[PDB]
Participant: 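For reference, the structure I am asking about is given below.
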Amino acid sequence: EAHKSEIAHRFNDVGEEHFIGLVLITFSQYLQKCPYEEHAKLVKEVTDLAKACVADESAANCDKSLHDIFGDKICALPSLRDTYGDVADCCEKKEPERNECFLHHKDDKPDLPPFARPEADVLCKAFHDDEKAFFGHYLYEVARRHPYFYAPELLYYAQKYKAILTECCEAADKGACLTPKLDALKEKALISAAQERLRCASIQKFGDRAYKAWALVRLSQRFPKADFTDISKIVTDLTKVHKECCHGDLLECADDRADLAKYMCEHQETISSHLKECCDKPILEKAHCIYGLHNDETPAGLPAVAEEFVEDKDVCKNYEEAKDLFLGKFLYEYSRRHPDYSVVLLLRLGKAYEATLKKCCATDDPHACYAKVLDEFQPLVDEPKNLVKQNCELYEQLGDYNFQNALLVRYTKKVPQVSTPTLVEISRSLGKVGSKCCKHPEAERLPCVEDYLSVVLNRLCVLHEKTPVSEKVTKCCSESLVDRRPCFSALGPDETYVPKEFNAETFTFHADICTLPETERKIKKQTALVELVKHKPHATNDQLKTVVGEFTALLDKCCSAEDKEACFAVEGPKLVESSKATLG
Ligand SMILES: O=C(O)Cc1ccccc1Nc1c(Cl)cccc1Cl
Ligand SMILES: O=C(O)Cc1ccccc1Nc1c(Cl)cccc1Cl
Ligand code: NA
């Protein structure tokens, strides 16, 4: 059917610069293993096409879908050697199968080196040398390692990075200005990637409704003075935005997100007085500001929630005749009254309210049956608090490195079939929850911890879905979204797993470790700890500290200030004996 060219429409809407960045992230996320040169080629072809179509919408290919265009550019690049498999695989398909094929190949942990950070002088020099190649490489490296990174926010990070560089690269000492600041930016962007990967998994694995309910809760806490209608409209629009982003339709995602920020800012009077801060800012800063805005204050003088949800004669009628409208109003009313609760807790409270209606509205006297419903939330609210206190005390007491080691041991004993790199990455990230949340006062501490654990446990679920080995992980991952944390927390040691019979011997890498920073060295020690627990799951915590001690020792030894060939292979069978000494 006759239409306005989609590529020209999106090119026109977002401008060349964001179009180029969004297209580079598109390619880098679909073909994570192809070199930068290849992607650069592709992005230039797409950008020449878009400019051709903007000039004359009738030009060849201008009427095609964005999927057709990305697909044909990909398939027609002979360069794509197929030394990288599956390029032909998906190119065999017609649309829409082709695009689905490219999409099903996104790898949540592609086989790549940690993103090595050059020294500050080099970094500053490359930036000065050529900004476009510098930021091209940056978007490519971050997108291909995080193939569901929320695309407009990745653009925003690139701008933030550029500001840090501009400020630090003139300084007397570049490194010391730069390093804390790149570090803080990296942590915020990792949290962003983890938050977005949970939105995408909620949509993909549990359906649009799972994310709509999550967004309803969060937005009702952020904008509690807004009416239900406006909140619902925002949720609707944000749902479309994240579905498009999570499915690789990034130009549409970015366009639609900008339109949503424009909308919210034009209606800021009836949403939040806090929006004024954001609404004066330029495009990416404006949306980023809105994305994480602090909660507005609760409106004074709202009725008791039991009026509408317990005492109304029509509770059953509304639940039966308009369930999503009634339960969504419940989530809105209850959430706007409780900014201090975690989203996941509010969703679990919504689920328990629903289950009580399902049961009670089927009886002879439903009010009698659900009268105590809102009271019956207290035990769900209170449930975490003792184990949270004890885990924050553990953290307070142990410090980061030992808290991570405690959790590594705990989670390896729970789900010991999980791959060692996954258990290490997961436990380290659980340890960051300690660090980020325990230092808040308790009223802030319980909501911080609950929602961060949901983002880390989702990382576990998605990594396990790639290499699936543990029935228990499958079960907790697939049974729910909102009970994942109680589900994992409830697991004791798996007394059923068969210990690994290990001569862990020659699991030493020719002293490779020494170009590695203290950080990676810690990861290595933590990897050995996981391996110790899988070999001896009934070992004492003290035995583990010790057999790890003998690891640290043998590390420094062959890795000293002198050069010798193969010190490790005489010492592998003999650490094997020293670990047979402490562990049996
Ligand atoms: O670990 C538990 O079972 C208690 C609990 C409940 C809710 C949220 C978090 C936690 N624990 C917890 C805390 Cl409080 C901080 C860092 C890492 C972990 Cl696993
Ligand atoms: O694991 C715990 O519950 C804390 C605890 C208490 C006493 C001794 C060791 C540990 N944890 C622990 C472990 Cl299990 C391995 C390496 C390093 C440390 Cl601090
Ligand atoms: Na797509």
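Using the numbering of the PDB entry, the residues shown for chain A are 1-584, in order. Side-chain atoms are counted along with the backbone in the values below, which use heavy atoms only and exclude waters and symmetry mates. Every number for a ligand or one of its atoms is a count from 1 in the order of the listing. Recorded method is X-ray crystallography, 1.9 Å.
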Participant: Which drug name is given for ligand 1 in the PDB records?
Facilitator: diclofenac
Participant: Give the name, as used in the PDB entry, of the chain with the most heavy-atom contacts to diclofenac (ligand 1).
Facilitator: Albumin
Participant: Write out the binding site of diclofenac (ligand 1) as chain and residue number, heavy atoms closer than 4.0 Å.
Facilitator: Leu387, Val388, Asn391, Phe403, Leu407, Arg410, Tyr411, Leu430, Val433, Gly434, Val449, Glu450, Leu453, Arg485, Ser489
Participant: Go through diclofenac (ligand 1) atom by atom and flag the ones less than 4.0 Å from a non-hydrogen atom of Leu430.
Facilitator: 16 (C), 17 (C)
Participant: Please state which protein non-hydrogen atom is closest to atom 1 (O) of diclofenac (ligand 1) and give its distance, to 0.1 Å?
Facilitator: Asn391 ND2, 3.6 Å
Participant: To the nearest 0.1 Å, how far is atom 7 (C) of diclofenac (ligand 1) from its closest protein heavy atom, and which atom is that?
Facilitator: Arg485 NE, 3.3 Å
Participant: Out of all atoms in diclofenac (ligand 1), which are within 4.0 Å of some heavy atom of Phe403? Include the element for each.
Facilitator: 16 (C), 17 (C)
Participant: How far is atom 19 (Cl) of diclofenac (ligand 1) from its nearest protein heavy atom, and which residue and atom is that?
Facilitator: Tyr411 OH, 3.8 Å
Participant: Show which atoms of diclofenac (ligand 1) fall inside a sub-4.0 Å distance from at least one heavy-atom site of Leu387.
Facilitator: 4 (C)
Participant: Provide the number and element of each atom of diclofenac (ligand 1) under 4.0 Å from a heavy atom of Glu450.
Facilitator: 7 (C)
Participant: Which species is recorded as the source of chain A in this PDB entry?
Facilitator: Oryctolagus cuniculus
Participant: For atom 18 (C) of diclofenac (ligand 1), grab the closest protein heavy atom and report residue, atom and distance to one decimal in Å.
Facilitator: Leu453 CD2, 4.3 Å
Participant: Starting from atom 8 (C) of diclofenac (ligand 1), locate the nearest protein heavy atom and write down its residue, its atom name and how far away it is, to 0.1 Å.
Facilitator: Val449 CG1, 2.8 Å
Participant: At less than 4.0 angstrom from any non-hydrogen atom of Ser489, what atoms of diclofenac (ligand 1) do you find?
Facilitator: 2 (C), 3 (O)
Participant: Within the structure shown, which other ligands or ions come closer than 4.0 Å to diclofenac (ligand 1)?
Facilitator: none
Participant: Closest non-hydrogen protein atom to atom 5 (C) of diclofenac (ligand 1), residue and atom name please, with distance?
Facilitator: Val388 CG2, 4.0 Å
Participant: Between the protein and diclofenac (ligand 1), are there any N or O atom pairs that come within less than 3.5 Å of each other, and if so, what are their names and distances?
Facilitator:
unit_1, atom_1, unit_2, atom_2, d
diclofenac (ligand 1), 3 (O), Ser489, OG, 2.9

